[PDB]
Structure formats: C-alpha cells, structure tokens
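Just below is one structure, and these are the notes that go with it.
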Amino acid sequence: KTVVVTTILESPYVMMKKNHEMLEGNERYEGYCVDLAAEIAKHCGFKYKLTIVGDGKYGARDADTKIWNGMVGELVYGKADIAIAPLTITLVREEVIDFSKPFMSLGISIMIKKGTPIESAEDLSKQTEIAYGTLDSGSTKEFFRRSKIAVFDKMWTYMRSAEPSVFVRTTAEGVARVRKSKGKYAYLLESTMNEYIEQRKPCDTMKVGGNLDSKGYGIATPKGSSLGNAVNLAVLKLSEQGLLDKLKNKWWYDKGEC
Amino acid sequence: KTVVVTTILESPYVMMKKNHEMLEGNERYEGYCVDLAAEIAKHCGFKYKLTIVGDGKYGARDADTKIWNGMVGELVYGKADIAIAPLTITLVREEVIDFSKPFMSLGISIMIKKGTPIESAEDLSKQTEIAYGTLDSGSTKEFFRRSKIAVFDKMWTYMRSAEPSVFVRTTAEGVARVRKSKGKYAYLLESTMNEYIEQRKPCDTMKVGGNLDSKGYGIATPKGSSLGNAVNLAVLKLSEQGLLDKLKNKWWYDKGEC
Amino acid sequence: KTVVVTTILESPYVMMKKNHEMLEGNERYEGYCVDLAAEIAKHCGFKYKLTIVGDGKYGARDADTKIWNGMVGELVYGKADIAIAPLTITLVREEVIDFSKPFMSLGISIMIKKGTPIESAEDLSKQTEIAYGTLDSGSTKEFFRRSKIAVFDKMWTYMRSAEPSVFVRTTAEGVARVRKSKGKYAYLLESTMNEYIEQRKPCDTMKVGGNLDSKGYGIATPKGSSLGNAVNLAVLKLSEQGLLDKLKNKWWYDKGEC
Ligand SMILES: NS(=O)(=O)c1cc2c(cc1Cl)N[C@@H](C(Cl)Cl)NS2(=O)=O
Ligand SMILES: NS(=O)(=O)c1cc2c(cc1Cl)N[C@@H](C(Cl)Cl)NS2(=O)=O
Ligand SMILES: NS(=O)(=O)c1cc2c(cc1Cl)N[C@@H](C(Cl)Cl)NS2(=O)=O
Ligand SMILES: N[C@@H](CCC(=O)O)C(=O)O
Ligand SMILES: N[C@@H](CCC(=O)O)C(=O)O
Ligand SMILES: N[C@@H](CCC(=O)O)C(=O)O
Ligand SMILES: [Zn+2]
C-alpha cells in the first residue's frame, strides 16, 4: 500500500527538481522533506507517493465552514496518509492529526529586506510604516490570530485589519513581498524558511530577531494512523542518526548562496 | 403616494429659503438636494415631501443600542422613504440602507480658519495645539473611528479622547467652532461642505490639504426599497444629463462670495 | 465556485505581470484591479479567476444589434460573475448590470500632448485644428453621444463626424495618438487613465482642464447577482480602509515617472 504523502511546495523542503515539472513520481521533488520522506519510508518500510496538497496550504480549519484545508485537510479527510512537510506541530492540528516528534525546530521569525529598521516583533508592532503579515492558512497566522501575547495579539490586530492584506498566499509571495516592499513589508514566517531564504540570492532578506516562538515540524499522519508510531520512531531514529541535521545542513546551508 | 424624503439642513444641499416662513411644504427649502430631490422626484415620477431629519443627524449606529439615528435611522426605521441629503455612502450604512450611486463626490477634508499652521491630517495628528474633530453621528467620525490608517487612528485616538469634545452636532457648529477657535480648531468635514463654506462670507475658513478619503453622497433608501432602483437610475440620469454638475455649480460656485 | 472576474487589460488596472510566460491563473496579472480583485475576493471570501474580456471592450450596447460587448456583455450574457475593471458606472449600464459603489472616481478628461493650445472641452468644441476623440465603445463616447449639454453635443457632433475617426480602440491608441499627433489630437478619456498616462514616460501628455463629468468605476456584477451585495460591501470596506487609495497610489503614483 503506497502511502500518499501530502506535502507542499515550499523550499527547501519540497521543490520541483529543476526540470522535473514535466516528469512524474517522487523523483520530481527534492528537498529536506523529500529526503525525510525517503528516510521515513525507508525506516518504516513503505512506498509512498509524494503529492502536493491541492490548495497549496499547510492547513487551517476554515472559520464557520470548519473545514480543514491544506495538508491538514488532506490528512483529516483521508486524501493523504501522511504529511511530510514543514507542517508545524500546532495544538489545533494535533487535535485533528497526529504529528511525529519534531524532525525540525523552527520559530516564527521576522524576515525583512536587509536594512529594514526592524529588529524584533516588538519593533514591528510598535510601528506602522512597515507592514508585515504571514502566510495565510498557516500556523504562523494562527499563531498570531490566537496569541494572547500582548505584542503578537496586537501584531494580529494590525495584520487582521491590514489592507491591503498583509497575508500572503505562499511563502514565496511573502518573500517576494518583502523584497518588493523596499522594506515596507516584513514577513513573519518560520525561521527555517526565513533562514533558507536568508541564504538564497538575491540575499536581500534576513531573519532579524529571535524567533517569536519555538515549534517543530512534525510528520503528520491522520489521527490514530498506524503509520504514526513507525514514523515517530523513524523521525527519532533519523534524528539520533544525525540524518535530520545532515538533511538540514544539506538543504539549508550546504547550498548557501550568501 | 407622497414620498417622504428625509434630508438635513445642510448648506447648500438643504437650506431654509430666506423667506421660508411664508412658504410651506417643499418650497420652504432650496439647495442642491432640494433641487436634486425635485429632479429625482420628477424623473421617478413621485410627489414627495421634504422632511428634515428630526435629530438633524446623518446617522450612525449607537454602540450598545445599535439603533441608527439621523437620516439613516429615518430610513432604517421607515420614517422616510428616501434620504436626499449629503449622506455619505459608507460600509456600515450600506449594510442597513441602500444608496444610489453617489450623486456627489467628497472626501474628508480639513477646514481651518485661514492661517492655521495645518496643511494636512498628518499635521493635525502630529500636534496638539490645534484641536480638530468631526461632526458626530456622521461618516467622517465613523471614518476615523474605523480607520486603520496610522495617521487617522492617531487622529481618532486623539479626537475620541479630546476634551472638550472635538465633535460637533452640525456642520454649522464645526464651522462656527473653526471660525471662533482662532485656528485652534480644525474641522474635519466633507470637502463639499468645506468648499461651500470656504466660498461664503466671512470667507475666513479654507479647506487645507487634500481629502483624507474619497467618498460619495448617495440618495439613500431603505434597504430593499423599490425607490432605490428608480432613484439610482435617476441619479445616474441626472448625473449624466449634467444636472448634478449644474446643481453643484448652481449651489456651490454660482453663489460664491470669496 | 470560482468567481469569474472579467476585466480588461488596461494599465494600471490590469496588466500582464512581467513573466506572464511563467505564471498561471491570477498571478499572470498585476495592477490596481488585480490587487482589487484579490482583496475583493479575499473579503467576499470567494476564489476567482481573472479573465480578460475577450473583445477588450468595456461594454456598449451595439446600436441595432442591441448586443452588449465588452465586460458589460460578459456580465450581461453570463460569461463573467463580476467585472473588476475601470468600468464606468453609467445609466445605460446600470440598467443591465449592477455596479458596486464606485471604487474609483474619474471624469472624462482631456488628454493633450503637453503644450497643446487646449485647456477645456469648450476649447476643443470651439476649434477644429485639434481633433479629439474618445475610446470607442466606452462610456466616454457614450457620454458625448448621449449628451444633452450644448458643448458636449457640439463636440459629439464633431467627433462622430470627424474623419479620420477621432475614436480609438484602446486607451493606448488614444494615448499614442495624442503623442504621435504632435498635439493635434486631444484624447477624451477618463481622468484616471489620463492621470496614469501623465505619470508614465515619456511624460509628454497631461490632463488639461477639469473633467467634463464625474463618475466612477464600479465593480460590475450581472443584474441582481448575489455577488453585487458582498462586492459592494467589499468595495466600501476597502474604500474606507484606505485600500483603494493605497492601490491608486501604488499603481498610479508610487511608480510615477514624471
Ligand atoms: N525554545 S524552547 O526550548 O524554550 C521551546 C522549545 C519548544 C517548545 C517551546 C519552547 Cl519555550 N514547544 C514545542 C511544541 Cl512542538 Cl509543543 N516544540 S519545541 O521546539 O520542543
Ligand atoms: N463632482 S460631483 O461631486 O459633483 C459629482 C460626482 C459624481 C457624479 C456627479 C457629480 Cl456632479 N455622478 C456619479 C455617477 Cl456614478 Cl452617476 N459618480 S460620482 O463620482 O459620485
Ligand atoms: N481616490 S479614488 O478616486 O481612487 C477613490 C474614489 C472612491 C473610493 C476610493 C478611492 Cl481610493 N471609494 C468609493 C466609496 Cl466611498 Cl462609495 N467612492 S469613490 O468616490 O468612487
Ligand atoms: N509551517 C507552517 C507554514 C508556514 C507559516 O505558517 O509560516 C504551517 O504548518 O502552517
Ligand atoms: N455626509 C456625512 C456628514 C458630514 C460629516 O460626517 O462630516 C454623513 O453622511 O454622515
Ligand atoms: N471606463 C470606460 C472606458 C474608458 C473610456 O470610455 O474612456 C468605460 O467603462 O466605458
Ligand atoms: Zn532528477
């Protein structure tokens, strides 16, 4: 039984392998999460099909509709057997899907175009010149939507009324937006992505500040999926074998272009 | 059946005719909106009675009570069939009443007694010496109250807290307050009134800076009224036949005194 | 359902990005109306497909055939769910389609090559040296065609009978013609496009005089469409949150080249 892995195009976790669009199969993709999926499938002894979540969303439960979209939805509604993505372990997702132990640590972080007078979330919150937003339908946005933390809950008050929307559809759009914004837009996103981008040409962005929180990417499987246990042990195996570090190095730093 | 037209004594939209005491019914009044109402009535083929809004207000929803006052309330509660007044098309209002397309454009503008060291909203927001307020129960106030724009949020933060109240009940009061404040009061009001006032003796006020927002006056009708369509088309007709411009010229600039 | 947004390639409202040779769906497009469509959609919470009106016309009822072309037609004949375009609210159009409140004001204005012996429509109406025309199949043409106003009537009389046609198929054609005409052609186009063009290199054109009239672009939906309401409310929300002015700034002025 081929495990349907839901994942999302998000560098460097999962990326079309240059010139593999026209291709098919898992080999098309590359990235930390593709390798991870590999080491996971190998350690759990399963065949998997990497599928890119249709709506290209990580997963959020639509308010009112209550319907999970993105990779979470995939798992929740049985469209996918497992999500091997920079899928943030969050409480609201862990209620509806299972998460392996984190295979990666990240925090919400601020990406700014280099030179933006922003050193912290506080800075962002304390000012108006510089818009900032998050991926919509992602844990970051939810982090802010939900945070009682005075500075975030506020950053949210701003972001949620912000217009144009400070929310971007994709990390690339946030990043593009930061780059295109002449520093007038700060993108709140996961330090791992932020760190990846920081290391990619045009190298005009950087992570400033520490992370606004600490979380992890877990491999998500549907609630009570039998894969969960295997995958979880796999992740831990992988972690202890230094594979995750090896992978993170491979995908973040070994290709550093800055 | 005689259309009850709610309107508001607001120059030069609706004004008691110099005599007026010797006149009855519609003929008491003259002004852009009286003329507009005449042509709207003629073009929608209804007989109407101009009636001034009891509370002389345009209309805002009372927080807590959620009751609408002013012309909006007159429509909302079925005291009037139509509002033909410089009634600003706003989101909260369009939610409870219908507006023809705007028959007049306006923006929130600043009226200052001539010679006030203010050239913009940013200026007012940046200082404390010159008070500034808007008509309460009006769209200008609601604009600031609901504005997320840094400068206006600041301004609203100030105005909402200003003591004594920077808000006025009538434009006449705001205008008087400007004229009497020796430049210590800037009146945030709609450019149309501001322009009109600018052009009337004592010619001591002026609009400064551009409009803070762009909006329109719409002939309002109760949500889902039949008149709405007719009135809307009549407004478009009147607009296109140049009547609106002819009326605006007649009432704003033909009478100019400065 | 995915709302089908008809709109028109008209800078800066809707324009092909720059690599629209590598993007799909809505991201191929950029511009004020593209941004407008996005927030409109985000606020009305619908998915949309931007689709450029086939005939690249705005909408005019073909005399004799009585068939609406352009985006009006697209809406009138059910090909589009909504037009998010510099579509002029006009009487004839509101008779067949629904317009939101205007999301942008404009007036018919005269674009002349900078330094053209023209300062007004009266000026144009008085002379024959400077040809002037409008966009054909536009509200601007129809304004003149249908104008009862002596001057615009004379101008119409002139334009309709001017040879070669003073009318142009596109704004670019009109603009090019202004430029190429060494100032012997005045383009009567909406102030907004006039202003946009003014702001674009070669900066050889300018809006002269006031507008001949005042109208707005509204987001159009088929008559009695459910969307109309939400979109109208969206437009108002957006307008009040300063979005439309931000967009206007972003697309007109923030890239100003003159
Ligand atoms: N940085 S940290 O060690 O304090 C830290 C780490 C994690 C925290 C919280 C904190 Cl304060 N949350 C967990 C979530 Cl998955 Cl429930 N992940 S974590 O990276 O181990
Ligand atoms: N300039 S103005 O305020 O007098 C003005 C504005 C509009 C008018 C007419 C006039 Cl006279 N027409 C409407 C059309 Cl949509 Cl029926 N639009 S408008 O910009 O609000
Ligand atoms: N300044 S502008 O022309 O771009 C403009 C005009 C109107 C906007 C917003 C903007 Cl940004 N909002 C609408 C709503 Cl208030 Cl009914 N009216 S408008 O005058 O056509
Ligand atoms: N990793 C995030 C997506 C990126 C973000 O939200 O910043 C998630 O699972 O929702
Ligand atoms: N036209 C405004 C009143 C004037 C103002 O608010 O300044 C309204 O409809 O509320
Ligand atoms: N916006 C216009 C087109 C341009 C023009 O007519 O000048 C319309 O809706 O017809
Ligand atoms: Zn390969």
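The chains carry the letters A, B, and so on, in the order of their sequence lines. Numbers in chain A come straight from the PDB entry, and the residues shown are 4-261, in order. In order, the residues displayed for chain B correspond to 4-261 in the PDB entry numbering, which applies throughout. By the numbers in the PDB entry, the shown part of chain C spans 4-261. When a ligand or atom number is given, it counts from 1 through the structure's own listing order. Below, all heavy atoms of this structure are taken into account, side chains as well, without hydrogens, waters or symmetry copies.
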inquiry  = Can you point out which of meclofenamic acid, veliparib, trichlormethiazide is the drug at ligand 3?
reply    = trichlormethiazide
message = Could you tell me which macromolecule makes the most contacts with trichlormethiazide (ligand 3) here? Its name in UniProt would be great.
response = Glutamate receptor 2
query = What chains, other than any belonging to the drug, come within less than 4.0 Å of trichlormethiazide (ligand 3), counting only non-hydrogen atoms?
reply = B, C
ask   = Should you measure from each heavy atom of C/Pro105, which atoms of trichlormethiazide (ligand 3) turn up under 4.0 Å away?
value = 12 (N), 13 (C), 14 (C), 16 (Cl), 17 (N), 18 (S), 20 (O)
Chain C: source organism in the PDB = Rattus norvegicus
query = Hey, is C/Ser108 touching trichlormethiazide (ligand 3) through its side chain, its backbone, both or neither, going by heavy atoms under 4.0 Å?
reply = both
ask   = Just going by heavy-atom distances, which of B/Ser217, B/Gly221, C/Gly219 is nearest to atom 2 (S) of trichlormethiazide (ligand 3)?
value = B/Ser217
key: Covalent bond from trichlormethiazide (ligand 3) to chain   = none
Enumerated trichlormethiazide (ligand 3) atoms positioned under 4.0 Å from heavy atoms of B/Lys218 = 15 (Cl), 17 (N), 19 (O)
Ligand-residue contact atoms, trichlormethiazide (ligand 3) with C/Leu239, heavy atoms, under 4.0 Å = 14 (C), 16 (Cl)
Enumerated trichlormethiazide (ligand 3) atoms positioned under 4.0 Å from heavy atoms of C/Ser242 = 8 (C), 9 (C), 12 (N), 13 (C), 14 (C), 15 (Cl)
message = Okay, next thing: residues with a heavy atom within 4.0 Å of trichlormethiazide (ligand 3) - which are they?
response = B/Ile92, B/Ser217, B/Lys218, C/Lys104, C/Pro105, C/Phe106, C/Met107, C/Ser108, C/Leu239, C/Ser242, C/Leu247, C/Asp248, C/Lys251
